[PDB]
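Lab note: HIV-1 reverse transcriptase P66 subunit, d4T-TP bound.
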Amino acid sequence: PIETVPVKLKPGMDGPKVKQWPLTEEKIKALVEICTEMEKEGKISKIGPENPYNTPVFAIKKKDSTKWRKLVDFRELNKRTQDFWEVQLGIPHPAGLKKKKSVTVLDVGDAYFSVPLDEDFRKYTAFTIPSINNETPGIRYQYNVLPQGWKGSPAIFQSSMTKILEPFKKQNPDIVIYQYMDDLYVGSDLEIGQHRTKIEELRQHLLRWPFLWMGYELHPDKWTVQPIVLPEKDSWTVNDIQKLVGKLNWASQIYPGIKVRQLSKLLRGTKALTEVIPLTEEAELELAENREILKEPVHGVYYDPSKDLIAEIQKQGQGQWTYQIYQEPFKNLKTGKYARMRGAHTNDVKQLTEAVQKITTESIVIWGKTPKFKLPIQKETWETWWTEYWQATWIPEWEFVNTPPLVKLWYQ
Amino acid sequence: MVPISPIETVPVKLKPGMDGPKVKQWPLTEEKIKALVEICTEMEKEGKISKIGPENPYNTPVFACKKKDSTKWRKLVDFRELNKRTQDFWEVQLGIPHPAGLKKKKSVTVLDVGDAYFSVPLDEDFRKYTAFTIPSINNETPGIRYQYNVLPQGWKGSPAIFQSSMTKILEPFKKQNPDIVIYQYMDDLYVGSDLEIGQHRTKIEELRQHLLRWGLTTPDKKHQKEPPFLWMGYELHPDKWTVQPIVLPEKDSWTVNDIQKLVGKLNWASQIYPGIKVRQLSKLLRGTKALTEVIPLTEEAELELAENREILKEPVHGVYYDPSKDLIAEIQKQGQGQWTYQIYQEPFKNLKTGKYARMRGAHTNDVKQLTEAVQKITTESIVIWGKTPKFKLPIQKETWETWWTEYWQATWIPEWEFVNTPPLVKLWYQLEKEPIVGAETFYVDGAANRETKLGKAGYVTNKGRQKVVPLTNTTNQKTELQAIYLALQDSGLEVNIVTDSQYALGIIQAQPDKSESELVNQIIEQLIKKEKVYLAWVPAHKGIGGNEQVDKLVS
DNA sequence: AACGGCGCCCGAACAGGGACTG
DNA sequence: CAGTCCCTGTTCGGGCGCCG
Ligand SMILES: Cc1cn([C@H]2C=C[C@@H](COP(=O)(O)OP(=O)(O)OP(=O)(O)O)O2)c(=O)[nH]c1=O
Ligand SMILES: [Mg+2]
Ligand SMILES: [Mg+2]
């Protein structure tokens with residue numbers, strides 16, 4: 001009884017044609033059971049090889065959850081429908097969400113299955129379930145309703161979502177509610193007991209219309225930044241000053257007021273690295289001035305909503321991971337550090353996966369975008385293990401870099 | 001008026017703005033003429049082929065090749081121009097089944113559908129685009145032209161349609177027989193069950209009659225009832241499997257196309273034969289771009305070829321997969337970037353073997369290449385068994401712990417244990433984390449001219465030691481590596497080295513033990529002889545330490 | 001002399017970043 | 001600042017094996 005919203009690709013682009021990657025036994029068995037129930041409910045339908053489009057599919061389990069969730073890697077289809085969920089039917093981002101004391105994330109993607117999808121667009125939602133040892137050919141489906149993981153689903157459902165959330169927002173005018181992908185971000189300044197109580201009231205508002213029982217809690221007011229800090233030693237050697245000047249010289253690309261004149265004067269000659277060098281009166285003066293500039297904010301740094309976010313991560317060792325978010329180089333909108341995450345001191349890939357999910361969540365709360373990641377890992381290493389540790393219903397863009405640490409910039 | 005087959009048709013379109021094929025026929029031998037007129041006549045009476053007239057302004061050349069191990073002929077249609085104008089299909093064949101992934105079954109039957117593509121219909125609106133003439137005489141009768149009502153052999157959409165059509169027909173039978181395993185690869189069917197021999201044949205006949213309802217015939221010609229079963233190029237026995245006999249050519253003079261076939265068979269043989277190497281054989285296929293050019297076998301390629309033929313002498317076999325037991329993968333280092341592995345569940349009962357000899361990167365070490373082999377085995381195991389095997393690796397836990405905790409990139413290996421089988425994988429030198437007290441400090445630098453390709457490399461030290469070496473036909477990067485090599489040559493067992501080269505430092509910090517660069521290999525040899533080496537970096541052109549002094553000497 | 005799938009080892013073409021020169 | 005170079009990386013198409 002609902003007219004399908006017409007959806008068209010960006011002019012000059014064809015649909016996604018991405019190959020399905022191998023899946024483990026437990027993931028294939030989970031997807032076969034899930035897709036059977038969805039096909040019985042008409043959410044998906046089997047298709048043939050005349051559909052040249054395809055999108056990878058796998059399964060995940062959210063944090064502290066034993067239930068399999070179907071996850072489609074619609075990253076290719078999403079950037080091929082960019083003028084739809086950003087230009088036509090866009091969702092405004094509330095600036096006050098990051099200022100709230102507590103923000104809870106609710107999975108509402110199940111509500112998208114009640115709205116049919118445009119018949120002319122269903123061919124782009126094709127996916128293929130693989131088989132172990134290739135016992136059978138790939139089993140192909142396509143979506144008949146709004147699929148989870150497609151950025152067009154919350155855009156079309158936005159009109160439906162507003163009417164459902166209309167009474168609750170009137171009851172609580174101070175609560176900020178933001179919708180991104182399959183998730184719903186609900187922030188308030190109430191106390192922990194009052195907040196969780198108001199979250200349950202919102203759940204009942206959705207029930208009177210399978211992951212709604214979960215509630216991942218955030219605290220954006222408790223989020224910290226990791227500034228550039230300089231060491232403080234009682235004695236300084238030639239090697240210590242060479243490392244300090246190298247760090248300050250690289251930092252000059254960010255803070256143009258940093259000077260290294262009086263510090264380079266301490267290294268006059270061809271001295272041994274371990275030779276202790278006492279800091280002169282002017283060297284103490286120059287080093288004290290540089291420590292204050294690192295406390296001052298960077299000039300002309302602000303968020304441009306038309307530019308993409310970029311995230312770089314550095315492996316610091318011993319469970320330490322630093323990261324920077326920027327749109328223009330050396331114009332970081334946010335820097336931070338993570339420590340003692342899951343897999344610390346045993347698994348780099350699980351930690352890196354955890355860090356990517358944390359950074360993406362922060363970017364959704366602060367700017368409403370997911371950054372493109374520059375991952376410090378080999379492509380084949382990441383593509384082998386990352387799905388084993390993924391616990392989110394979205395997937396950000398990423399690329400792979402290899403930058404040896406010539407100088408510890410973000411973590412001495 | 002042709003009867004419509006029970007198999008649902010697949011709606012096939014063409015790329016917009018393009019028409020059908022209009023290619024002239026190919027003059028063929030009279031032997032091919034007497035082999036195709038009898039086929040088009042039989043397919044016309046069976047409804048598989050309809051006759052057309054002048055209302056079909058299309059044409060496509062055809063030919064034929066002999067069926068493998070038979071007297072029958074395979075009718076092919078060179079649809080290379082039709083494929084360019086036909087819509088793209090998404091392939092549903094995602095891989096190749098492997099016998100090591102098969103479980104133990106009491107009863108096994110291997111079927112084979114007769115006239116696979118000739119039993120699945122074509123799209124109604126698409127049959128007009130498949131036109132082809134058949135001359136009865138090579139230069140007399142014009143020959144009546146026909147069309148296709150089924151799937152032609154040679155079309156780029158025929159495999160995808162048959163594989164999808166075969167699945168929809170087997171879906172109702174599999175729902176009625178869940179405990180029966182049916183490996184569906186193209187038209188060949190592998191049917192297994194734990195039922196008794198008598199009850200197994202009963203369900204086989206039920207399946208044969210089920211497929212017959214859609215016009216799929218399973219003739220007794222290629223019906224296999226007794227082991228060993230020939231399936232996917234293997235010999236399937238009740239409790240073991242092996243590859244069909246592989247014949248390696250033994251020519252007195254070796255060319256380029258002969259080695260390409262030789263390495264290919266060894267790659268196919270290395271899945272069950274442990275220890276097959278193709279490094280020195282494939283090394284001969286470099287640079288030479290003439291398939292008909294004789295290449296003499298080197299002494300390393302001859303000893304490698306002799307060791308491969310000896311492995312193929314003794315017969316080997318793999319076992320089948322038991323889900324109640326764990327998967328074990330053990331890797332051995334074969335030297336020169338060569339790795340071999342075996343996957344098993346019980347000791348010395350290999351499911352399959354394999355090798356990893358890929359050399360990625362100009363500079364690497366054994367620890368990186370072992371990590372790459374683990375990743376290759378893991379993904380391969382997920383395809384075949386859907387899980388990751390426990391690894392037995394020839395690297396100490398302490399060695400691996402030192403590498404991954406100190407590397408700047410994220411790296412990881414799944415659950416594994418150490419196996420003490422030399423040669424063990426280790427790191428051949430460790431850069432210090434702090435400068436060395438009492439060790440001479442070398443400030444190295446190197447400059448080169450972009451035009452004349454001339455350059456210098458040298459160092460200055462805190463004790464006054466100094467050297468400058470002129471270099472001809474070099475680069476700035478090479479002089480920076482040369483400067484470090486000079487410092488390592490002229491220093492004691494413990495040395496501090498200060499450089500401004502981000503290029504040189506990045507190479508050495510990754511602790512490589514092998515390199516495509518002779519200069520880097522010499523640097524590695526010196527680093528191994530040392531007891532303590534501390535590399536430090538400083539920004540260039542900043543008047544920092546002795547780096548300013550050595551910069552004047554070389555530039 | 002046809003089509004599709006998977007694997008390997010190969011070279012050519014292309015991309016991207018530090019560093020030097022106009 | 002552009003425009004190069006040097007160096008290293010990935011991508012892709014073809015050679016071969018193998019299956020149908
Ligand atoms: C070997 C081969 C096969 N095919 C396609 C056609 C039918 C299926 C199976 O081929 P087949 O089993 O050898 O021949 P088929 O048509 O089934 O006839 P039968 O010998 O089984 O009776 O794959 C092909 O197009 N080109 C080929 O070279
Ligand atoms: Mg057959
Ligand atoms: Mg230099």
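Per chain, numbering begins at 1; letters A, B, ... match sequence-line order. One-based numbering, in listed order, for ligands and for the atoms of each. Method on record in the header is X-ray crystallography, 2.6 Å. Basis for what follows: all heavy atoms, side chains included, without hydrogens, waters or symmetry-related copies.
One finds d4T-TP in this model at ligand 1. Every other chain with a heavy atom under 4.0 Å from d4T-TP is named here: B, C, D. Contacts under 4.0 Å between d4T-TP and other ligands or ions: ligand 2 (magnesium ion). Defined by non-hydrogen atoms within 4.0 Å, the binding site of d4T-TP is B:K67, B:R74, B:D112, B:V113, B:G114, B:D115, B:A116, B:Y117, B:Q153, B:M186, B:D187, C:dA2, C:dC3, D:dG20.
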